[PDB]
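Doripenem (bound form) bound to Beta-lactamase.
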Amino acid sequence: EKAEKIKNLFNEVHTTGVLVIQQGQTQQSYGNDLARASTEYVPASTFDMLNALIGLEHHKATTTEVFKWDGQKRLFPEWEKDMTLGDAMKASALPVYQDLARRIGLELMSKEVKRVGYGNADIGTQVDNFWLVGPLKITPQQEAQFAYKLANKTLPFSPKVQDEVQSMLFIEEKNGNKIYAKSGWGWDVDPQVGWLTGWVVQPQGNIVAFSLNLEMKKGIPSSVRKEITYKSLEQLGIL
Ligand SMILES: *C(=O)[C@@H]([C@@H]1NC(C(=O)O)=C(S[C@@H]2CN[C@H](CNS(N)(=O)=O)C2)[C@@H]1C)[C@@H](C)O
C-alpha cells in the first residue's frame, strides 16, 4: 500500500520521479518511474557535498571563513550575501563552490573524484562547471549510497571533515528525527533534473539515507522535491 501511495504522489504533480531509500547495505526504490534509479544525471548542486569534503580535507578552505558578497548581481538574489561554506551549502550558492573548486584545482579534483568513485568520475577539463552541464553524471542509487556513507562517516575522508560537512547539511530536527539534505536543480539541461539527497537519523540511532530524483518541468514548483520526499518518508514510517 505504501509503495502505491508514493507512486501516486509523483503522479499527482504530473511528472516522473524516483525515491531511493538506503538502510544498511540494501536499497529500495519508490515512485512512478523506478528505472530513473539506475539512470545517470548531472549532479548539479548535489556535488557541493563532495566539493566541500575535498576542500576541507586538503586544507583549501575552513568552515569559519567568510566568502563576502562583492555587491555584484548574482543569478539568484538569495546568493547576494556573506556566506560560510555551510551557509553556501544551504543556499546552494554556486559562486562559492566555484571558488572552492578553483582552489582545489583540476588535478586534485580529478584524483579525488576518482578515488571516491563518485558517479562516472569524469570531470573533464573545466574545473568550475563539470558538475552542472557534464561530463560528470551520477545515478540516484549512487547518490543515496554516497549520502549513507557520509551519514555513517564511512567515506574515505577524516572523521572531522565528514562531521563538518554533515553540519552544513543539517535541515531540522522534526519529531525527534534529525534531517540532513541537499537539493539540486539542473535547469539548463534537457530534460531538467531535480534532486533531493540526504538522510534521517532516528531517535533510536538508525540512519536512513534517501535520494529523490525527478524531472523538473515548467509549472512544477521547486518546493515539490521536499514535499514529496517528506510525505514519502512519512508513508514509509521513516519520519
Ligand atoms: C544547484 O543545483 C543549483 C541551485 N539549486 C537550486 C535548488 O532549488 O535546488 C537552485 S534554485 C535557486 C536557489 N534557491 C532559490 C530559491 N529561493 S528559496 N525558495 O528561498 O530557496 C533559487 C539553484 C538552481 C546551482 C548550481 O545554481
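Here the PDB entry sets the residue numbers for chain A, with the shown residues being 36-274 in order. If you check the header, you will see the structure was determined by X-ray crystallography, 1.8 Å. Note that ligands are numbered from 1 as they come in the structure, with each ligand's atoms numbered from 1 the same way. Only this structure's heavy atoms are used, side chains among them; waters, hydrogens and symmetry mates stay out.
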(request) Report all copies of doripenem (bound form) by ligand number or chain letter. (result) ligand 1
*doripenem (bound form)-proximal atoms of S257, by part, heavy-atom distance under 4.0 Å*: neither
- For chain A, which organism does the PDB list? Acinetobacter baumannii
Looking only at distance, does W114 have an N or O less than 3.5 Å from an N or O of doripenem (bound form)?
no
One residue to check: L167. Relative to doripenem (bound form), which of side chain, backbone, both or neither has a non-hydrogen atom less than 4.0 Å away? side chain
Practice problem: State the atoms of doripenem (bound form), each with its element, that fall below the 4.0 Å cut-off from a heavy-atom position in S80. | Solution: 1 (C), 2 (O), 3 (C), 4 (C), 5 (N), 25 (C), 26 (C)
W230 and doripenem (bound form) - part of the residue with a heavy-atom distance under 4.0 Å:
neither
- Message: Okay, covalent or not for doripenem (bound form)? And if covalent, which residue and atom?
- Response: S80 OG
Q) Which residues form the binding site of doripenem (bound form) when counting heavy atoms under 4.0 Å? A) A79, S80, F111, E113, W114, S127, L167, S218, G219, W220, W222, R260
